[PDB]
Structures are given as C-alpha cells and as structure tokens.
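Notes follow once the structure below has been shown.
Numbering of chain A is taken from the PDB entry, so the residues present carry the numbers 41-307, in order. Atom set for the values below is all heavy atoms of this structure, side chains included, hydrogens, waters and symmetry mates excluded. One-based numbering, in listed order, for ligands and for the atoms of each.
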Amino acid sequence: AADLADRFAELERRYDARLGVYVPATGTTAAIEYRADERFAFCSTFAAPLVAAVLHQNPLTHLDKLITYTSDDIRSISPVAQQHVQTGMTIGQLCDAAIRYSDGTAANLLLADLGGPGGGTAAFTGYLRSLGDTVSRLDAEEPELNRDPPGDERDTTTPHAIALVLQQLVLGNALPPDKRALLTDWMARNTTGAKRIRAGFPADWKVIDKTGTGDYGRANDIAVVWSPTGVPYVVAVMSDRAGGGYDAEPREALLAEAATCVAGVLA
Ligand SMILES: C[C@H]1[C@@H](SC2CN(c3nccs3)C2)[C@H](C(=O)O)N2C(=O)[C@H]([C@@H](C)O)[C@@H]12
C-alpha cells in the first residue's frame, strides 16, 4: 500500500516482469486487481481444475484405477511418474502427483483420461466453460503448453478467470463435498509452493495452492488462503519476464513479494 498498484508496478520494474494479480471481492473487501484481465500462460496451474474435471467426471472409486505408461510418455518434468513407470500409477496417484509435484506426465495422463479431441485439452476447456469461464483455453499438453510466445493466447488464462474458477472448486459447489475435499487436500499438501504465495502470508494463515512455471520467465501461483479466524480468500498471482526471451529465469521472489503486499491488505 502506497498504493497497491504502485507497489505492484515497482515489482514489475524490479524483476523486469509483467505481474497479474486477482483476489475476488468478499463481504467486506473489494476485489484486488492488477492486470487481472490480461492473459498469462497457465503452466501447471491448469492441473488443479484438471483434477477437478477428472473427479467430477467419474465415480470416486475411479481413483483406484491403475494407469500404465512407458518411456515415450515421459516428455516433461515428472518427479513422481518417472519413479513409477515400471509399475503404473492409479488415477489417485496421478492426481496427487499432478498437483503436489507439478508432474507433467501425470497431467498428460489425466488429460488422456478425461479424453476427447486434442488429447483431452478440448474437454478440459469445456470443463472451464461449464464453470462460466469463457476466457481460458488449453490447446497443448506438457511440455508444449509452457512454450507459447509472449502474447499468444494458446494455453492461457487470466488472474481474474482462474481465481473465479478456483473459488468455485474449493469454496463453492462446483464439486460435491467428498471430491471437493480430495482436491482441497491435494492442494493443501502441495510441495512446490513454499516460496510463492505461502511466503507472503503469516504462518497462522492456512495456505493451499497450485504453482506453475514455464519459459519466458513464467511463474504463477493460485491459492486459497484462510485467515486465523477462518475467513477464506482466493489469490491468483501470475508473471512472466518476456523481456529476457525464452530462457528468462522464472523469479519466485516476485510472487512472494506480490503476495506479501496482498496479505498486508487482507490482514
Ligand atoms: C517446471 C515444473 C515446476 S518448477 C520446476 C520444478 N523445479 C524444481 N524441482 C526441484 C527443485 S526446483 C523447478 C513448475 C512449477 O509448478 O513450479 N512447473 C510446471 O508448471 C512444470 C510442468 C512440468 O508441470 C513444472
């Protein structure tokens, strides 16, 4: 706050970055928005609504179905799937890995499970449309979805759009309570987000999140946070550093600082 928009702009200059932030309005707080309707690549953030789509589409015990895969299926960072290729992974294990480790092979297999044209990308986009998101689009799977040139609309969402999607999934009634809890718990146990939105909120706030990182210095985090008294907020922070070209380093610190600024306003 000096003001908030000024603080975000200062961060953009510091990190030679484009920063997008959205926090939906609540009973007593106005929406926080900065470049909130600009498009940014999903990166692995899409895996959160992907898991919601797969959960919604199937009986709960579909989680117990074993999926087999092999060498040519490992095409992207896949910390868990690389370890289990010899035995296979259940849908539940794939959901766990896709969310908690940003496992790209897991995401790819879940896309294939959802099925339909574009290896599942069309049905994934259709799931978002069913939640009233007319903005986001997924066009490729991993790793290609991380590589669209700056400005290209393929594989993008916006801080505004993805926040409203996440709000419905975790806080709203997009999913029945049992599936909602599975999704929430996986994000609660995320391993990839300690230096992002989590870094910006006091330890007595609960944080669940799904990160994303890609080329052109892309670094995102979408989260639901709860105050010490149980008041929830949805926080979407997205960034890229197109000025550094394809190999621009993603800079988590930017997201941590942006989240700290948001937390200051929400406290
Ligand atoms: C690039 C990963 C991660 S960030 C990357 C994983 N990293 C580290 N692992 C151990 C130490 S740092 C850096 C990054 C992420 O979510 O943070 N993300 C995606 O988005 C892909 C894609 C395969 O789903 C991946």
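Present at ligand 1 is the drug tebipenem. Lab note: most contacts to tebipenem come from the chain the PDB entry lists as Beta-lactamase. Remark: atom 10 (C) of tebipenem lies closer than 4.0 Å to no protein heavy atom.
The shortest heavy-atom distance from tebipenem to a UniProt active-site residue of chain A, with that residue, is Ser84, 3 Å.
Comparing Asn260, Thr231, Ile117 against atom 23 (C) of tebipenem, the shortest heavy-atom distance belongs to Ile117. The closest protein non-hydrogen atom to atom 18 (N) of tebipenem is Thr253 N, 3.6 Å. Among protein heavy atoms, the minimum distance from atom 19 (C) of tebipenem is reached at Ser84 CB, 3.3 Å. Atom 16 (O) of tebipenem is flagged as protein-proximal [any protein heavy atom, distance under 4.0 Å].
In chain A, tebipenem lies within 4.0 Å of these UniProt substrate-binding residues, judged by heavy atoms: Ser142, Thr251, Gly252, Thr253. For atom 6 (C) of tebipenem, the nearest protein heavy atom lies 4.0 Å or farther away.
In this structure, residues within 4.0 Å of tebipenem (heavy atoms) are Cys83, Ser84, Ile117, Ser142, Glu182, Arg236, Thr251, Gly252, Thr253.
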